[PDB]
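3C-like proteinase nsp5 in complex with nirmatrelvir (bound form).
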Amino acid sequence: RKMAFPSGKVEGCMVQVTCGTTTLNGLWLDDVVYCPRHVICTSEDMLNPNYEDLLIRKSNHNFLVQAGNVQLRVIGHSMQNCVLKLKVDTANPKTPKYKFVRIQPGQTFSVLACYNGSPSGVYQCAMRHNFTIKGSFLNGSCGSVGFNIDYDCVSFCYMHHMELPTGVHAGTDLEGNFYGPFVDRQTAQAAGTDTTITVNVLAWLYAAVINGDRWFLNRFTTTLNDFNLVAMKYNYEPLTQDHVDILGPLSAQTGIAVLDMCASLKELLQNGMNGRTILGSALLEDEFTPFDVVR
Amino acid sequence: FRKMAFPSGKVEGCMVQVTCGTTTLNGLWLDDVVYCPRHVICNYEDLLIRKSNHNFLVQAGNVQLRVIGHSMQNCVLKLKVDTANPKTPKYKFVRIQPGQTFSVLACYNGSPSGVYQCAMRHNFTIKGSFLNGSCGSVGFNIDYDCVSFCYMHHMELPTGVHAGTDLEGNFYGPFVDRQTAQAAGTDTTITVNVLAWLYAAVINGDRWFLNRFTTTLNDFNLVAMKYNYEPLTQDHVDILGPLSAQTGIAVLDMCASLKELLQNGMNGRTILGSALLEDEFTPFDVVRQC
Ligand SMILES: CC(C)(C)[C@H](NC(=O)C(F)(F)F)C(=O)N1C[C@H]2[C@@H]([C@H]1C(=O)N[C@H](C=N)C[C@@H]1CCNC1=O)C2(C)C
Ligand SMILES: CC(C)(C)[C@H](NC(=O)C(F)(F)F)C(=O)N1C[C@H]2[C@@H]([C@H]1C(=O)N[C@H](C=N)C[C@@H]1CCNC1=O)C2(C)C
């Protein structure tokens, strides 16, 4: 199954941030609360916000931060790209071991969807090649974060800012730099074409072979370039030599060469599933990474 | 629309490692009792009279808990320990019905590893992902700071699905906690959940499967029972009320759409990006998330 990381380490960091009439979520790490800078926007500012002008007019007591039933005193603030950083009185005693990381397309992570600073649900996500995520976010979800947890270290990789017209979602890393060409501005924007994440599909096929189903395999191989000419006709992401190297370990474990598995995928795309499933799924899964399958 | 699990933090603070002899699995530490599958001691009455407190090694992180008593309740072993869990949440033990969903905190060696969302199938299995040291992992729902524990994991059936007990040690389904040939019965699609998921689809603007027709229970059930769909009881219709009143599609209007989806298939089309009919969202799940 697709699994999220246990969310408790992140739950203890979620707070509520209110400026004026606007309330969203913030991430409380040590003595800093991180949140999307459009918390300082009103209704009139969403189209063409001048954030430096909006922020200079704010003072520390304009920001109401609430950790459960406790108000936290904001003692300073600064903006870093598209995130606001609120310095507060008190270091979060529940701060886990953490780092900020910026991820690449194809990477997976867990999202803790929060409202009013309280956790609502957790799910697993992937960064798509058009730099959106297929999330589940409602009004007030901004400042919900995405994360991985490898060996008790929480790596924060995503903070939620906006929903695009196709229902997909855009946001920043925790330094406030957007993934993709989007802007925290209510102006006309749209995601580019969302390709299937080929390297993930291939890792998932290798996962299927390891678990014992081999029905989709065939006797052919292919060149890298021939694979990409076919796969791009199905809106699959071109496969690079680095992707081939990445799948190396799985190819070593199963004894199936990477370009051999590529020929199997070409045939799957041509034939469909014929009413079968591969790992309980009747579609080709592309939000499971080569690193995920080994773990 | 995603499959969403409950935030797991309240449960993570209850997970411990239990070792008896060469066998290690997970335990649930609430107040001063650790709950775990009785097969950690591997005839269970005779195996347990021969066990003493010192046979049980309970580890909560870097701390060992001293067992000061033990007893069995059905298929769960209850180890009384010296110290109450300071992280014990508000909680209750509940037994869920087929079709109901819950979150699973998959654990190994007492340490939480992943969280996912499951449904109790009508053959009383769950389609989880559990590996060799996962026993004692639990399933749960949260309602406004109260954790309802409903599942503890015991075993994997040959078809790759899973069987366990409630927290009072009563199995779900016709299974026994011993290593012998057992198999899941014929499963079935959870009709009220599929209907819930179609309502979630129309809420999201996926409306191509709607049509002008309505059906009847017996008409629908007659078509359902040939496609192995769980008979749509009159009860099920009640629960979809808020969805039916919200969208404008009466349940039997939607059942007409579901009925025709079982015949014509979907024609390469998707509903919420799925080529199959999803049945692991309850009506309440859809209201919660939407
Ligand atoms: C949905 C929409 C029309 C509103 C708008 N989108 C675009 O302007 C775009 F289409 F350009 F992206 C949009 O999201 N916002 C407009 C305004 C902020 C953002 C916003 O409301 N963020 C929400 C934070 N709580 C999360 C949203 C709520 C619905 N579901 C979500 O995830 C900002 C870009 C500054
Ligand atoms: C998988 C298998 C051949 C082993 C066996 N199954 C059947 O005997 C059945 F098919 F009859 F169910 C089985 O599960 N067990 C054998 C023995 C316990 C249980 C068991 O090892 N439980 C594991 C707990 N840590 C979780 C398992 C590990 C693999 N994936 C899981 O979920 C018990 C019934 C007492």
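Within every chain, numbering begins at 1; the chains are lettered A, B, ... in the order of the sequence lines, protein sequences first and strands thereafter. Counting starts at 1 for both ligands and their atoms, following the listed order.
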Other chains with a heavy atom closer than 4.0 Å to nirmatrelvir (bound form, ligand 2): which ones?
-> B
Non-hydrogen contacts within 4.0 Å of nirmatrelvir (bound form, ligand 2) | B:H39, B:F130, B:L131, B:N132, B:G133, B:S134, B:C135, B:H153, B:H154, B:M155, B:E156, B:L157, B:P158, B:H162, B:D177, B:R178, B:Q179, B:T180, B:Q182
Could you tell me whether some N/O pair between B:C135 and nirmatrelvir (bound form, ligand 2) is separated by less than 3.5 angstrom?
-> yes
Does an N or O anywhere in B:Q182 fall below 3.5 Å from an N or O of nirmatrelvir (bound form, ligand 2)?
-> no
Would you say nirmatrelvir (bound form, ligand 2) has an N or O under 3.5 Å from any N or O of B:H39?
-> no
Quick one: nearest non-hydrogen protein atom to atom 16 (C) of nirmatrelvir (bound form, ligand 2), plus distance?
-> B:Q179 OE1, 3.7 Å
Less than 3.5 Å between some nitrogen or oxygen of B:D177 and one of nirmatrelvir (bound form, ligand 2), yes or no?
-> no
For nirmatrelvir (bound form, ligand 2), which UniProt active-site residue in chain B is nearest, and at how many Å (non-hydrogen atoms, rounded to 1 Å)?
-> B:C135, 2 Å
Check whether any N or O atom of B:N132, backbone or side chain, sits under 3.5 Å from an N or O atom of nirmatrelvir (bound form, ligand 2), and answer yes or no.
-> yes
Return the UniProt domain name for the region of chain B with most contacts to nirmatrelvir (bound form, ligand 2).
-> Peptidase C30
Give the atoms of nirmatrelvir (bound form, ligand 2), by number and element, whose distance to some non-hydrogen atom of B:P158 is under 4.0 Å.
-> 10 (F)
May I ask you to check if nirmatrelvir (bound form, ligand 2) and B:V176 share an N or O to N or O distance below 3.5 Å?
-> no
Present, as a list of atom pairs with distances to 0.1 Å, all nitrogen or oxygen contacts under 3.5 Å between nirmatrelvir (bound form, ligand 2) and the protein.
unit_1, atom_1, unit_2, atom_2, d
nirmatrelvir (bound form, ligand 2), 6 (N), B:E156, O, 3.0
nirmatrelvir (bound form, ligand 2), 14 (O), B:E156, N, 2.9
nirmatrelvir (bound form, ligand 2), 22 (N), B:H154, O, 2.9
nirmatrelvir (bound form, ligand 2), 25 (N), B:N132, O, 3.0
nirmatrelvir (bound form, ligand 2), 25 (N), B:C135, N, 3.0
nirmatrelvir (bound form, ligand 2), 30 (N), B:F130, O, 3.3
nirmatrelvir (bound form, ligand 2), 30 (N), B:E156, OE1, 3.1
nirmatrelvir (bound form, ligand 2), 32 (O), B:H153, NE2, 2.8

